[PDB]
Chemist: 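Model shown: Bifunctional dihydrofolate reductase-thymidylate synthase + CB3717.
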Amino acid sequence: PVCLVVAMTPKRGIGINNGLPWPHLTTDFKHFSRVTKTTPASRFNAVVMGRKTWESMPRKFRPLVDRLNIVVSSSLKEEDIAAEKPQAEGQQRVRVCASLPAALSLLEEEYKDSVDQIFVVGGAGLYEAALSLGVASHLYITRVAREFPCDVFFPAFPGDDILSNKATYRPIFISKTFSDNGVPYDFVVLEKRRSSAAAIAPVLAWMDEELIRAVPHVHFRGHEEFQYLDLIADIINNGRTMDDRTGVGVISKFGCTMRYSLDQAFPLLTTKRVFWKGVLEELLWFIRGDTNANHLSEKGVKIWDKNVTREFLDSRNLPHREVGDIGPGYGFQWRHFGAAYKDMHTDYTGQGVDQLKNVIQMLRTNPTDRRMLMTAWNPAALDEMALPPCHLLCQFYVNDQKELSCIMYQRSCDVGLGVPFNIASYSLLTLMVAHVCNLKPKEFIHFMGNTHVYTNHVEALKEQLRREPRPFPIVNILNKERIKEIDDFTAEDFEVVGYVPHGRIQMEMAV
Amino acid sequence: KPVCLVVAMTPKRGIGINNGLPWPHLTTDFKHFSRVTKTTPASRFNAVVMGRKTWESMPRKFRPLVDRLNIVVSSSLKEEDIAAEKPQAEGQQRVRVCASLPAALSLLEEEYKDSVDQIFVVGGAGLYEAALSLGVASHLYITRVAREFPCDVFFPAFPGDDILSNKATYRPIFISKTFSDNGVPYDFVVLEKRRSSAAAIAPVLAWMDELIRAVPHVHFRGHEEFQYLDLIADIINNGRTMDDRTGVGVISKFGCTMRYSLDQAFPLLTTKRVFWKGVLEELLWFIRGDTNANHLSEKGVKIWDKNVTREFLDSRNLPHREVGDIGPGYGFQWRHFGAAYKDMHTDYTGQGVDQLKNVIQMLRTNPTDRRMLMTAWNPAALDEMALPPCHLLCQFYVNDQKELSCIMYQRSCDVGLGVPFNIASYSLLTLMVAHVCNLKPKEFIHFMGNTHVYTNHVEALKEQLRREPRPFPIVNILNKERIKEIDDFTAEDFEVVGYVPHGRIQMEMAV
Ligand SMILES: NC(=O)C1=CN([C@@H]2O[C@H](COP(=O)(O)OP(=O)(O)OC[C@H]3O[C@@H](n4cnc5c(N)ncnc54)[C@H](OP(=O)(O)O)[C@@H]3O)[C@@H](O)[C@H]2O)C=CC1
Ligand SMILES: NC(=O)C1=CN([C@@H]2O[C@H](COP(=O)(O)OP(=O)(O)OC[C@H]3O[C@@H](n4cnc5c(N)ncnc54)[C@H](OP(=O)(O)O)[C@@H]3O)[C@@H](O)[C@H]2O)C=CC1
Ligand SMILES: C#CCN(Cc1ccc2[nH]c(N)nc(=O)c2c1)c1ccc(C(=O)N[C@@H](CCC(=O)O)C(=O)O)cc1
Ligand SMILES: C#CCN(Cc1ccc2[nH]c(N)nc(=O)c2c1)c1ccc(C(=O)N[C@@H](CCC(=O)O)C(=O)O)cc1
Ligand SMILES: COc1ncc(-c2cccc(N3CCN(c4cnc(N)nc4N)CC3)c2)cn1
Ligand SMILES: COc1ncc(-c2cccc(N3CCN(c4cnc(N)nc4N)CC3)c2)cn1
Ligand SMILES: O=c1ccn([C@H]2C[C@H](O)[C@@H](COP(=O)(O)O)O2)c(=O)[nH]1
Ligand SMILES: O=c1ccn([C@H]2C[C@H](O)[C@@H](COP(=O)(O)O)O2)c(=O)[nH]1
């Protein structure tokens, strides 16, 4: 019973010019070091590698300490490796075998009592040979989210859908997303599947007296998206069937919380492609305090059209609104809170309270202040809006390390559709704000009120929950030097790096 | 050889009156009792042991207790006094009569080994006194009845009776949430005498894996107050030390949640006494839309005075504010959002948005509406306020079964002093609104922004955490018929039933 341990691009690339295709991945190496060494007393592990893999290592690190180094090679001799560097005392001498079947036979003969776990470390020669013989019980895969130029590739295998879109291998473990040198990645493991408390118990047994899960197989679920998935599953399992303003039935839960890290990667959800062009163009729209939805619509972003139609504005009891007008909406309250609205064309400069500018000036001069809030809810002008704000409130926070976090409260949540859009939108705002203030982005926290999935979306969401997440992408702000204030961002100032989602899921917007 | 004791108990240790139970029928208790005495892991059954009067107090259809070996301790009653009392059913075990508890335990070993699984002393005072003296009691199953009743028979005093009320040891290993039957709150505690299948997943868990705990013995944590206790513990252990607008050192955290049930009992926290006279007077102050802190100050609630002083009013740059005037405070926006403020004496009826009216109306008519929100935060009006509202927003949610839930978001949370007050203050509003809208109260959800403990409380809080919580009380609304609007309520229309909190800890208010 052997295990494979690899780092791998989406297109299964592993090496180039007999070296790693990426810049050094410190957290990947630490993870490698730990897996290959650790043991529950008397036994050391074994690291089986090829010649090209052995050679590609730095001289400093070979032989890999505390582990039986076995090199599969015909051309290299057992003494050339011995003459390469003097051996340090306390380690088994590096062993050379003809092929991989012969390599494991060596452990059967001479090391039957000493070795605990067996690890094949590279490369494509030994990996291919390992999967051929099928003696691999487990695969420890580091999924590099970014694509890199490669000439050596890891062989494709049943259930390699965990890398990109297309005896079996099922994921049992998915870690949260890590990053090094602007390279996002995460760790997965895959399985070859094909009376101190006796007194308490009966009190618990009677105490209960009273269906769907996200990716059942995956038992350790480090990935942060699991929040959102388990949140879908929960409302499908434990929510309440409700009616609606829209006329479409709803399953709703009240009081819901999600939080996502910003320090390593960006929570652009992977289980379905997120319309990022939308979250970007809409956020810049908000920041401008723009209330004209045509400016969005023309850019290819049609998210607001149905709620600013001639038909909808009349039902929303505003016959004197122009098509495209969202009223004094999200962005208007941010940049001009309380100001007298006229139309989308009127210039509202200097009028009202610019919450966004004050939130920054507070962050930049006095970050411990507890009044760093931006609201979109104005009970005075709710009726003048074409549709009341969902994401209505957000608070900011700085710690010791000059790291920035952001809470956002949402009154009403279309989990299937709006939520992943909302996560990504505000997390982006945190990145923007953090940069302008000279702070590290840390964490984004999502507070939810009415949290609901629409009944017509339910079939599509079970489809989404069969999908195990991919590593998060990195969002980079570009022209970091050129942008100094929050209004200096443009659409081209951003870069989504290594975003490899699952295929598009179609979901109708509830009018 | 070891025995378990199973009792229900008044805070004053009372167990009986007039050879019967002191309280009305508690179904959930009798359920607990039935299951705990009966449930057994094959060829095996449980023994129940009682006094003569316990046997007599018990209704005829229930004695002897089915599926359990009954033993009555008596010297007047004989074994044939009981056999003639009711024909024995086929299969059941005969009731045995011993003259003392040592004889009872002796009989159990002498004749009933290999026969009886577990031994339960069931009552009354005499046998509970006897069992505690012998030191044979391994576990105490206490049903803490929170309400004080007329009692002539009492459970004996024991080391560890600090779980009942204020003052070889008996410490809690289990505390459940508060239940209620017939206007009576209660909860269940258990006390203890002290004086590569999945292992291939575990190596990656090694490196990823890594001080103050409250009531650490309590292995089961049903009691919803544990949420708050652990929230204090987390802030201290895992928080970051910030400086403060007041100057006093702060340990703080961002984005933490709590939720409390309102269908069984009231989350008026028990681990320290909460100033309920304040929570009631402050809320009815808000409801009236009052901005005059002297109306609270004259009534014995001085919670706002340190913030309406001439010094603080001038430090907030408001020279013309009279002493007492909070400016457009929380009460003000609730009923007059956007109204132009003058002083506390000016009459504002009709001006601004009456959010509270709109909330109740939307509730009583269109409960599936998601715009059912109230907000104290008014960016344009913040400057004129003596203090920017801490609790700034609440949302209401109505269920399938006409069940009301409420979320409240609080930007800044004094976890030592303000948080339990706020839990109490909105749970009360939720009760009030529910009655006024003809709805069953279900849940209060607390969303928290800057969640912090002051450093001149750290010592005073570590002490509090040593205290395990008592059952929650019931808050009843008196004069239900007379009250039909939210303004109809007065301080007298309420009654806190079964409140048994721990001693007061002195915590100064930060100005
Ligand atoms: N991403 C990752 O996790 C890792 C990537 N790498 C990368 O992989 C590349 C090196 O791997 P690769 O190019 O595939 O070369 P290999 O590491 O597979 O080694 C090739 C040589 O080893 C011998 N060999 C290998 N497999 C067998 C076998 N089954 N039977 C007999 N002999 C065998 C052969 O010798 P002969 O010709 O004499 O038969 C062959 O020439 C480098 O670019 C390196 O950076 C390396 C380690 C980890
Ligand atoms: N809430 C609860 O958990 C429970 C409450 N109760 C309440 O308690 C009351 C009955 O209990 P209580 O009044 O204490 O009476 P008991 O049930 O303790 O029975 C009293 C009789 O039992 C015998 N006896 C008990 N202990 C001893 C001893 N150590 N040595 C010798 N004889 C003993 C004596 O019988 P004799 O005189 O024949 O020798 C005595 O007269 C009822 O009102 C009942 O409702 C009862 C059980 C549980
Ligand atoms: C949230 C928000 C902003 N908005 C505004 C907006 C307004 C009313 C709404 N009403 C309802 N019922 N659900 C919504 O998601 C919604 C969203 C959006 C509107 C539509 C889409 C939409 O049709 N979905 C995108 C997919 C984007 C994604 O991956 O999330 C699409 O493919 O068209 C997204 C966002
Ligand atoms: C929250 C809030 C509203 N308020 C108003 C108010 C105003 C300024 C504040 N400032 C600070 N820093 N913390 C607060 O909790 C606080 C509270 C209160 C203020 C004080 C007390 C107080 O002194 N404690 C109570 C004891 C209550 C308990 O034990 O929990 C007392 O006995 O007076 C209570 C409520
Ligand atoms: C950029 O500098 C650099 N870059 C690389 C090295 C290095 C030094 C020793 C050895 C190696 N490898 C050994 C094996 N590997 C591996 C990494 N992660 C996983 N999950 N599986 C692997 N099988 C990477 C290749 C790499 C030194 N220096
Ligand atoms: C008024 O109706 C009513 N009222 C009372 C009864 C009743 C029926 C069986 C038995 C009894 N006991 C009195 C209460 N006991 C008890 C209850 N909880 C705990 N935790 N420990 C106990 N020792 C034991 C025995 C009471 C029936 N009917
Ligand atoms: O950012 C958004 C915008 C809209 N919605 C969804 C949720 C609601 O179902 C609907 C708005 O309608 P009301 O909540 O106003 O009824 O749009 C979101 O989830 N997020
Ligand atoms: O109802 C209240 C009133 C006050 N505070 C506390 C929290 C903060 O510690 C302090 C307000 O300080 P600023 O957030 O305004 O700085 O008062 C509450 O938690 N709840």
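The alphabet sets the chain names here, A first, running in the order the sequence lines are given. Numbering of chain A is taken from the PDB entry, so the residues present carry the numbers 4-43, 46-48, 74-196, 225-252, 285-300, 310-610, in order. Here the PDB entry sets the residue numbers for chain B, with the shown residues being 3-43, 46-48, 74-196, 225-252, 285-299, 310-610 in order. Atoms within each ligand, like the ligands themselves, are counted from 1 in listed order. These numbers come from the heavy atoms of this one structure, side chains and all, not from hydrogens, waters or symmetry mates.
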Chemist: Could you point out every ligand or chain corresponding to CB3717?
Modeler: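 It maps to ligands 3 and 4.
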Chemist: Help me out: which other chains have any heavy atom nearer than 4.0 Å to CB3717 (ligand 3)?
Modeler: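 By heavy atoms, the other chains are A.
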Chemist: Name the organism the PDB gives as the source of chain A.
Modeler: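 The deposit names Toxoplasma gondii.
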Chemist: Point out the residues of chain A that UniProt assigns to dUMP binding and that have a heavy atom under 4.0 Å from CB3717 (ligand 3).
Modeler: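 Counting heavy atoms against the UniProt list, it comes to A:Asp513, A:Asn521, A:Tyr553.
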Chemist: Using heavy atoms only, determine which UniProt active-site residue in chain A is nearest to CB3717 (ligand 3) and give the distance to 1 Å.
Modeler: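 UniProt active site, heavy atoms, to 1 Å: A:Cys489, 6 Å.
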Chemist: Which residues lie close to CB3717 (ligand 3), i.e. with a heavy atom under 4.0 Å?
Modeler: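 Heavy atoms under 4.0 Å: A:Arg372, A:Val373, A:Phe374, A:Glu381, A:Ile402, A:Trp403, A:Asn406, A:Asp513, A:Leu516, A:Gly517, A:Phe520, A:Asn521, A:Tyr553, A:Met608, A:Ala609.
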